[PDB]
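So, a structure with plinabulin in it.
All chains are named by letter (A, B, ...) in the order of the sequence lines, taking the proteins before the strands, and each is independently numbered beginning at 1. Values below: every heavy atom of this structure, side chains too, minus hydrogens, waters and symmetry copies. Start at 1 and go down the list; that is how both ligands and their atoms are numbered. Partial entry shown, contacts counted within. How was it done? The header gives X-ray crystallography, 2.8 Å.
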Amino acid sequence: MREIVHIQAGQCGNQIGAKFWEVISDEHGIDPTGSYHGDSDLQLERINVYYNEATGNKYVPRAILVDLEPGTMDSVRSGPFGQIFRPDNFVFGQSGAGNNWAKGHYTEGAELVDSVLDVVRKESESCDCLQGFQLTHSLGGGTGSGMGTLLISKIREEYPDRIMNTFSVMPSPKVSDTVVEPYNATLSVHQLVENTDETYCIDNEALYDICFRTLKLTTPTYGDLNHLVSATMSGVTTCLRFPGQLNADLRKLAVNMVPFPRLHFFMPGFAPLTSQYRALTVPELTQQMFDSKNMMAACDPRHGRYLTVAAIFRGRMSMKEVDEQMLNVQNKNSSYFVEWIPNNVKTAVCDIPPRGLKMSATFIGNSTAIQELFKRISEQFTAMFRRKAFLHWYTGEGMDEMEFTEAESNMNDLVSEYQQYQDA
Amino acid sequence: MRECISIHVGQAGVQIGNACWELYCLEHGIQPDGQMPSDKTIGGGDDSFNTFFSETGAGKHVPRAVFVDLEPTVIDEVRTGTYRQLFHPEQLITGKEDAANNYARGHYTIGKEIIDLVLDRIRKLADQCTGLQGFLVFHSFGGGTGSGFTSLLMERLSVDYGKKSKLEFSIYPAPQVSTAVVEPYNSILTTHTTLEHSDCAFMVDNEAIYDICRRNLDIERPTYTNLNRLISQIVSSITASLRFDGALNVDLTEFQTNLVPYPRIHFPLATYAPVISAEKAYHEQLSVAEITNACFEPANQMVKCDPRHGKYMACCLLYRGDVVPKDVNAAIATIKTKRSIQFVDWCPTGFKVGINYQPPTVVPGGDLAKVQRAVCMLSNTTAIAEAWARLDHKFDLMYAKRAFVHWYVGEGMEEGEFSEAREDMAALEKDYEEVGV
Amino acid sequence: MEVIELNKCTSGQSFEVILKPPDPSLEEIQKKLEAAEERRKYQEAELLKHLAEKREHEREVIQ
Amino acid sequence: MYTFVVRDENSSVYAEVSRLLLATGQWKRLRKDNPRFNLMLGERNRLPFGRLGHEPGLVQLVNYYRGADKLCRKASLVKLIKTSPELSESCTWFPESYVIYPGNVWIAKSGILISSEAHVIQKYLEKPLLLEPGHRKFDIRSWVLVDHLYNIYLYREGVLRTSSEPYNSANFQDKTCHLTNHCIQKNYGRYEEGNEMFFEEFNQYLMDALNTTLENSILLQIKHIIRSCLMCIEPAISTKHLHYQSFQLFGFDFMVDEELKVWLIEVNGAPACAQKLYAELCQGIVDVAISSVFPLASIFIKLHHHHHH
Ligand SMILES: Nc1nc2c(ncn2[C@@H]2O[C@H](COP(=O)(O)OP(=O)(O)OP(=O)(O)O)[C@@H](O)[C@H]2O)c(=O)[nH]1
Ligand SMILES: Nc1ncnc2c1ncn2[C@@H]1O[C@H](COP(=O)(O)OP(=O)(O)CP(=O)(O)O)[C@@H](O)[C@H]1O
Ligand SMILES: Nc1nc2c(ncn2[C@@H]2O[C@H](COP(=O)(O)OP(=O)(O)O)[C@@H](O)[C@H]2O)c(=O)[nH]1
Ligand SMILES: CC(C)(C)c1[nH]cnc1/C=c1\[nH]c(=O)/c(=C/c2ccccc2)[nH]c1=O
Ligand SMILES: [Ca+2]
Ligand SMILES: [Ca+2]
Ligand SMILES: [Mg+2]
Ligand SMILES: [Mg+2]
């Protein structure tokens, strides 16, 4: 188990996805045309996880770029690292999906899905040992939401034993393109509860607040939100992309993070938050990454309890001080970690720091406080659905009101299930 | 002589194998290429070291070892490492996809597709033996391969080699050096399925070895390399009577007879002194009395527990270096009057002493200092049940909520095997208390 | 305190000191390995049955 | 900020210790089954000593000494005294006791039988010291705190648990003159409040009636017995060098005879304090046994004697 297949779907999926390849290619010393110009052998030791090797010693990302319109995928190709991607892996339709889950999942996206799966099969075939898939998308649009979850369902049919993880951007009125986002997200969440092993719940509410409150940016663009996303995505993928004596693949990580199959929605976090000169001390990283302000999903961890925690520190620091600090927050806030999973906070350290920072920490939290996120989308859903508002857009594409009722019920069951373990 | 085959299953098994065979080679004077100059009968022999090493016509000395791991990366470091020529490639077996810390994946799913191959490569070594004793099995309690595949092997080895003795060298899980959260399940599951198939098992709690490395070697954050080199010194201590001339513990059957009167209670406590740092400038060498007396301090035990609240069924003192019988007897006399050493009524209060005059060998550039004399005490005390109670309590907390259980069931395993395994452990804890109180 | 069965040699010596006197078959294994594989293949059938129903709903919506 | 747990609700003593810790701002109480504690205030039966001292980055202390039950159960206390050389069969300060499983007056105990016909069968003290005016029996309770370092701290205030009935040689069946327990009495409170005479008054009585002091006539012998009993079991129970540490409060029950000789009756593992003295003793347990191990932002006398020979 070494190779991971990456897929990016829709405007948002391709935007944050393109930043992921901008960040990690710099970390692996791969230039905009695909040639290696690093210095450490550690940059090439596990380069196979995300790159295929081409003729002339070129490194081509194992990345499939999906959208139902050309727009954003034309921007990706024109953008700074656009030339590195394999041209066959740009699979796109023309009419778009108009922020419509039904168009992505059932009509427009159905017409395109089989040609995307052919490229996935192409990449999966020439993989010595495929460990799984990762997907970037939003749940608020049409393509990433509707087609992304369709692809996830088709990939599970063809590759039932491989890991499926997602980086799933959640919608919020604060950063809102259309009023139907709660509908699109609720329909997607039900798909993710069934068909993913992990979903990283990037909340655009939280990314905005981090940009506004704790980074003093008055008018945040999507680039400012995506900067925080790409830093986190680098962090969660670090332990696969480098050593250091950590013998773990996606399954091993998923086995230790997910005690219950449906409860695999994580709370990502990063320290320090950037947009510096004084490098942070190990106590500061530990306090910041556990701080609510640094959470990428707009939930208060004090309102829930941690099932599992994973923290991966980057940079040259004392592992003794890391162990001391990670044991300090557990033993001084022991009510917020479930007693019925002993030793649930685990830690790794990687020597290579990311670009610009001398040391950093990435936080992955399977907290029951994530119910707050699903409750917030459930309220926005019901507000519209009690009056069947905007439903004509979905019923015109052949959907039934029953499918909405089901999805509503399934997400409120997920919230009930998170509540069960919060009190136990 | 009678041959002994060592089996190393999983990461912890393989890497501890590495450390032991490195040390065995230095002790017997065998070199990385496999030549043993001091050996004069070229092509074969029935010496004591030949129990652990076979010979070829070219003069190579080849470990009777089988390395098994469900993924390649750890055994690949053996294939390209310092002792690469030492092993035949057929001894080093690897799968593609690991057990993901999942007992059920290692035992049932991935176990099934590799078990017949591994037994075949074991049979290739057993056919080179003029009179096989049996097996030394090295593994972790916490790994999926370590727990799951080991138990399937141990089941099959009882079928294919019913007359032969089986010893375990087991790594008991410690949260301070493990990233695996499901280890309590894996530990209880494998202990249940392996119990009837293992004749004598030496547990080593990673917690104890870790703090010994902190307290006595002045190592800030002990790596597996720090822990393994110290563990292999204990292992060597234990296996030295099989590899050298002597009259105590000369075969695998004698470990069972000396240390295990009650077959289910087959977990002797190792204690080891002295552990001294090579970086230490000034060291006053310890006497026979001081290192024998150190065998009853809990800080030197392989598993932290309290022998004073429990009872002994057997005790063995294995000395390495400048030691003579009368200095040992004087030390045992002083120690008996000071400390609380209570035996069970049916067993004699006594000590089986073994002395080898060669002092402990240390790996060059290692963490341990050279010492004039050392000792490993193997005692079967009911105090080691403390380790089961801890592991079982952790199990009960997780299992009450069915936490992580879906991963095991998803790989074909039945939920009933969890409580079935836990009941054997509930019976085991009860066996220890009947004997010890 | 009696020192019994003392045996000596050039590389060492050993003695005892007494302070005071007083499996399933190849059929059953290969059977229950396969029984878990039946549960593994039954669970994967129920998944591909469930996903087949999703595929027929996908056709029903577009029609 | 240190953390603790409470697993003995009946414990009146450690109910107050729990209260005093909380009222500092530097000790949080956790749930009964939380593993991540600094201090355990543990149960009486089946206290899981095997789970202590195995949590990384936590110094763990407990309020019981594992193996101290060999001093506190009556059957084992008798067996300890006969078998241990440093106490011996010819022990001057322990009454002649025997073990048979389920002046020639004896007493049986573990329902108390005092007769010559008829668990442990102990020699009954026929001529005890009788307080006046009253002509009545008593027993002395002293509280001993052994810390993690095995410093034996005797608390300066004890108490005489008195009988209110005149002592009778011929009449054995009447329990209220022979047995001097607090519950059995409740003439309850005629001479002193709740059948409790404190050390100040008892010193004064001895001065006035016998021309001696409590320190000389009785307390010297008490300090010898406490020290003799605890140093005997130190190798069996000491938590020096051990991965968890123990302290414990003990209750030593004594009997003074007519010629001013002190006799050990029972050691008590989970003893209750007298009503007046809770506040001081429970603050002392915190200062000496808990705050020494876990420092924040004398009422005892230390028992030590190194005579060279
Ligand atoms: N002493 C020691 N313990 C180890 C070593 N490697 C792993 N462990 C411990 O073993 C447990 C994890 O099991 P592993 O042996 O890594 O797992 P595995 O047998 O390879 O099984 P899978 O990873 O599931 O295929 C943890 O308790 C680790 O601390 C080692 O080299 N030495
Ligand atoms: N050998 C003896 N001689 C005289 N009186 C004795 C005696 N043995 C016991 N007693 C009396 O019996 C009373 C109660 O007996 P004992 O002290 O053995 O049990 P106990 O359990 O009530 C003490 P506690 O509950 O405080 O630990 C004592 O207060 C004492 O006065
Ligand atoms: N964080 C982030 N969110 C985005 C971005 N672009 C769109 N979104 C969010 O995604 C939703 C719209 O989906 P979009 O991806 O544009 O539609 P699609 O192209 O049909 O998948 C809204 O909730 C937006 O807030 C982006 O670049 N970054
Ligand atoms: C010991 C440590 C810190 C390595 C750990 N223990 C459990 N989890 C992790 C970390 C991760 N756990 C994950 O599940 C994880 C998911 C992931 C990785 C790559 C791509 C997508 C998801 N990434 C991680 O870094
Ligand atoms: Ca069309
Ligand atoms: Ca030879
Ligand atoms: Mg858009
Ligand atoms: Mg492994």
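The ligands or chains attributed to plinabulin are ligand 4. Against plinabulin, the chain with more heavy-atom contacts than any other is given by the PDB entry as Tubulin beta chain. Those other chains that come under 4.0 Å from plinabulin, heavy atoms only, are A, B.
Chain B - PDB entry name: Tubulin alpha chain.
Site of plinabulin with heavy atoms closer than 4.0 Å: A/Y50, A/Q134, A/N165, A/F167, A/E198, A/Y200, A/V236, A/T237, A/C239, A/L240, A/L250, A/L253, A/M257, A/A310, A/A311, A/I312, A/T347, A/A348, A/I364, B/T179.
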